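Record below includes parecoxib.
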Amino acid sequence: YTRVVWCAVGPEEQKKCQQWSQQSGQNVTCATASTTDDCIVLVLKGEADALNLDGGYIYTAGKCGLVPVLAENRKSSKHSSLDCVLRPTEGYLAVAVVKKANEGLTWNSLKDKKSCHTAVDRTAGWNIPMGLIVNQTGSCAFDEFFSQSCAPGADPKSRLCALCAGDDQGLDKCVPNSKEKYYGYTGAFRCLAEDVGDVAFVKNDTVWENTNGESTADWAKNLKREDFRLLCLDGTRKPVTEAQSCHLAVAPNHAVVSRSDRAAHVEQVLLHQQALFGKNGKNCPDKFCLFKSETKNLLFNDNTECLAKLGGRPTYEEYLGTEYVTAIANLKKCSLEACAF
Ligand SMILES: *[C@@H]1O[C@H](CO)[C@@H](O[C@@H]2O[C@H](CO)[C@@H](O[C@@H]3O[C@H](CO[C@@H]4O[C@H](CO)[C@@H](O)[C@H](O)[C@@H]4O)[C@@H](O[C@H]4O[C@H](CO)[C@@H](O)[C@H](O)[C@@H]4O)[C@H](O)[C@@H]3O)[C@H](O)[C@H]2NC(C)=O)[C@H](O)[C@H]1NC(C)=O
Ligand SMILES: *[C@@H]1O[C@H](CO)[C@@H](O[C@@H]2O[C@H](CO)[C@@H](O)[C@H](O)[C@H]2NC(C)=O)[C@H](O)[C@H]1NC(C)=O
Ligand SMILES: CCC(=O)NS(=O)(=O)c1ccc(-c2c(-c3ccccc3)noc2C)cc1
Ligand SMILES: [Fe+3]
Ligand SMILES: [Zn+2]
Ligand SMILES: [Zn+2]
């Protein structure tokens, strides 16, 4: 079989894919979709082979029979003796971020405030925060909790999209892909950084990667970590240096998924691909690097050291975990066991 078709979401991920396709020598070809849900459909249809997904979407794909193949793994302090591919995933931290100057704003005073979400149906951006709020609220009206928000994937005409900007020409407002100015980790964080929303639901690495001259992007140039705070669940506020003791949850790393009858073939190709384009790959710094897309997190997160093997050949429920799976199920009874398509 040996040739893999990768599904790219949006035009920016497509242009990076073609570059990968080129350097691969047609080993990897691209398919494009305007949304992640459409990419899943393409993989079900068999028109695309695989794609890297956020846990939230892995639940969706899971109910449709797709399976996790390899997970993203970042550089850690613990487990240095083991190589990156055989090394277990540690998972990222879901947090709630705010401006320091915005005093008196805690977890208990979020109602009727403005929010910034990575996108609808995602772990740190939607599922974790909204699940918690639904519980504490005892109501399914999460569309009324915040006054205005930017949550890519929601109804454009609703308040949940009100804070989203769209692209260069203000078109595609609220679309769930990088054309939306406030889409994803970097998008949601910029949303807070520019003071559009009062809070942003991203992950811990995002704050660090886009502050203290790490990003070099016009909007991130002058951001200082000291100007930001994390909202803990006990109603306290802490510096971004205390994420381990002030997070909403710990999430399962983004993973590459595919149809179970293609997983073996997809896995084989990818390992060979990162041997060439990975962190220390033969052709990375020189020709092309798979895990670099100038802080835009295209196809993969920029902090990915390598895609790691799973081990225990886990199902999508085992990969996500029982904890998280019951959270999504509970949150979903608001908006019954079948593939959404
Ligand atoms: C939003 O609200 C919902 C609704 O409350 C929350 O969903 C609930 O989440 C709970 C916590 O995850 C969950 O509670 C249960 O906890 C028990 C006890 O956990 C045990 O801990 C042991 C440590 O000593 C450990 O060794 C055990 O393995 C075990 O995990 C769990 O065990 C039950 O099941 C057994 C089945 O054999 C049973 O015999 C036993 O008596 C226990 O009842 C259980 O699996 C579960 O984790 C609860 O299930 C959830 N509620 C629902 C609707 O199912 C969400 O978390 C909230 N959202 C957010 C974001 O927080
Ligand atoms: C496209 O895929 C083929 C098949 O894996 C690659 O050819 C192999 O490449 C490895 C290492 O790059 C060599 O050691 C093998 O001898 C090659 N032969 C095989 C098994 O076909 C090829 O390199 C890939 N092209 C790109 C640019 O990714
Ligand atoms: C990506 C999220 C993740 O990997 N979570 S995990 O590491 O905590 C995890 C992985 C595998 C299992 C698992 C279990 C299990 C059984 C009883 C009690 C707890 C876990 N059984 O089979 C498998 C696979 C559970 C959690
Ligand atoms: Fe995520
Ligand atoms: Zn914790
Ligand atoms: Zn198992």
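We number chain A the way the PDB entry does; in order, the residues shown are 342-676, 681-686. Atoms within a ligand are numbered from 1 in the order they appear, just like the ligands themselves. The analysis underlying the following values was restricted to heavy atoms, covering all of them including side chains, and did not include hydrogens, waters or symmetry mates. Determined via X-ray crystallography, 2.9 Å.
To find every copy of parecoxib, look at ligand 3.
Here the macromolecule with the greatest number of atom pairs within 4.5 Å of parecoxib (ligand 3) is listed in the PDB entry as Lactotransferrin. By chain and number, the binding site of parecoxib (ligand 3) (heavy atoms under 4.0 Å) reads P593, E659, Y660, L661. Residues of chain A near parecoxib (ligand 3) cluster mainly in UniProt domain Transferrin-like 2. For parecoxib (ligand 3), other ligands and ions under 4.0 Å: ligand 6 (zinc ion).
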